[PDB]
Q: 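The following block contains the structure, expressed as structure tokens.
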Amino acid sequence: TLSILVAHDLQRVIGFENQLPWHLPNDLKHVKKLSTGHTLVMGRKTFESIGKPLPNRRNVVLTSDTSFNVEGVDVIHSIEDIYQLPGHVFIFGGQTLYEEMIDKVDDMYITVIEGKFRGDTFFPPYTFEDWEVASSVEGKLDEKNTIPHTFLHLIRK
Ligand SMILES: NC(=O)c1ccc[n+]([C@@H]2O[C@H](COP(=O)([O-])OP(=O)(O)OC[C@H]3O[C@@H](n4cnc5c(N)ncnc54)[C@H](OP(=O)(O)O)[C@@H]3O)[C@@H](O)[C@H]2O)c1
Ligand SMILES: COc1cc(Cc2cnc(N)nc2N)c2c(c1OC)O[C@@H](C1CC1)C=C2
């Protein structure tokens, strides 16, 4: 199983200066829950953003750099290597990966952040004409989680 994992705002911003533009613990708990015991694929920039392997799952980092050999982390140098990986594979970011994989994944788990932020990286445009809403569940707003947000599970029609 090949899935995208992404959080994006109303204009499909995903990134600003190699960080997330928003602070939203719920989303991060969601990511954790979904991908425990499974595999994350991710481009070098996103990994260096996170700065160390994510515990309790297989971290795979896609890079052109053949000197890459980080403890905790498996490296690949081709998009095609993704299809070799066993198990549930989540495409974890960032923009380059999403663009490369979006026509290939079986489904997407998306957090829509119901705000407009300044970004420098984006999720590719997509149509619900192409993608069916298997579930839509509103994040809960609270002291700690203060932007409206919706958990979409979409599956390719
Ligand atoms: N909202 C979210 O859910 C979310 C999730 C993840 C990331 N982000 C954001 O996304 C932004 C980063 O996106 P980005 O596109 O700039 O970076 P990125 O996708 O994380 O990484 C790009 C790098 O990945 C490697 N790569 C990609 N495709 C490759 C290929 N086909 N073959 C070999 N290597 C390949 C290359 O590394 P090398 O140059 O080393 O070869 C490339 O420079 C950040 O702002 C981050 O905060 C948001
Ligand atoms: C740009 O830096 C980060 C990028 C991601 C990828 C990501 C985040 N949220 C969602 N809904 N999907 C993702 N693929 C995550 C992240 C980042 O920095 C912290 O935190 C992780 C932490 C919660 C485990 C979760 C995903």
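Shown for chain A, in order and in the PDB entry numbering: 1-157. Order of appearance sets the numbers: ligands from 1, and atoms from 1 within every ligand.
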Q: Please name the chain that forms the largest contact set with ligand 2, as given in UniProt.
A: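 It has the most contacts with Dihydrofolate reductase.
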Q: Specify the drug or drug candidate at ligand 2.
A: iclaprim
Q: Write down the UniProt domain of chain A that holds most residues touching iclaprim.
A: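 For iclaprim, the UniProt domain is dhfr.
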Q: Write out the residue and atom name of the closest protein heavy atom to atom 11 (N) of iclaprim, then the distance separating them to 0.1 Å.
A: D27 OD1, 2.5 Å
Q: For iclaprim, which atoms sit closer than 4.0 Å to a heavy atom of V6?
A: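 Checking each atom against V6, I get 10 (C), 11 (N), 12 (N).
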Q: Could you tell me which residues in chain A that UniProt says bind NADP(+) have heavy atoms under 4.0 Å from iclaprim?
A: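 The UniProt NADP(+)-binding residues passing the heavy-atom test: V6, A7, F92.
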Q: Would you mind pulling out the UniProt substrate-binding residues of chain A that have any heavy atom less than 4.0 Å from iclaprim?
A: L5, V6, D27, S49, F92
Q: Checking contacts here: is it the side chain or the backbone of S49 that comes within 4.0 Å of iclaprim, counting heavy atoms only? Could be both or neither.
A: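 Only the side chain of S49 comes within reach of iclaprim.
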Q: To check your reading of the model: name the closest protein heavy atom to atom 13 (C) of iclaprim, its residue, and the distance in Å.
A: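 For atom 13 (C) of iclaprim, the nearest protein heavy atom comes out as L5 O, 3.5 Å.
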Q: From the options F92, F47, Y109, select the one whose nearest heavy atom is closest to atom 5 (C) of iclaprim.
A: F92
Q: Which of the numbered atoms in iclaprim are under 4.0 angstrom from any heavy atom belonging to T111?
A: 11 (N)
Q: Of all the atoms in iclaprim, which lie at a distance below 4.0 Å from a heavy atom belonging to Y98?
A: 14 (N)
Q: From atom 23 (C) of iclaprim, is the closest protein heavy-atom distance below 4.0 Å?
A: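 At least one protein heavy atom is under 4.0 Å away.
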Q: If you have a sec, work out which protein heavy atom is nearest atom 20 (O) of iclaprim and how many Å separate them, to one decimal?
A: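 Checked against all protein heavy atoms, atom 20 (O) of iclaprim sits closest to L28 CD2, 3.5 Å.
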Q: Taking both backbone and side-chain atoms of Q19, is any N or O found less than 3.5 Å from an N or O belonging to iclaprim?
A: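 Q19 vs iclaprim: no N/O contact under 3.5 Å.
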Q: Going by heavy-atom distance to atom 17 (C) of iclaprim, choose the closest among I113, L97, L54, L20.
A: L20
Q: Which other ligands or ions, listed by number and name, are under 4.0 Å from iclaprim?
A: ligand 1 (NADP nicotinamide-adenine-dinucleotide phosphate)
Q: Give, by chain and number, every residue with a heavy atom within 4.0 Å of iclaprim.
A: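 The binding site of iclaprim (heavy atoms) is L5, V6, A7, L20, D27, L28, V31, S49, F92, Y98, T111.
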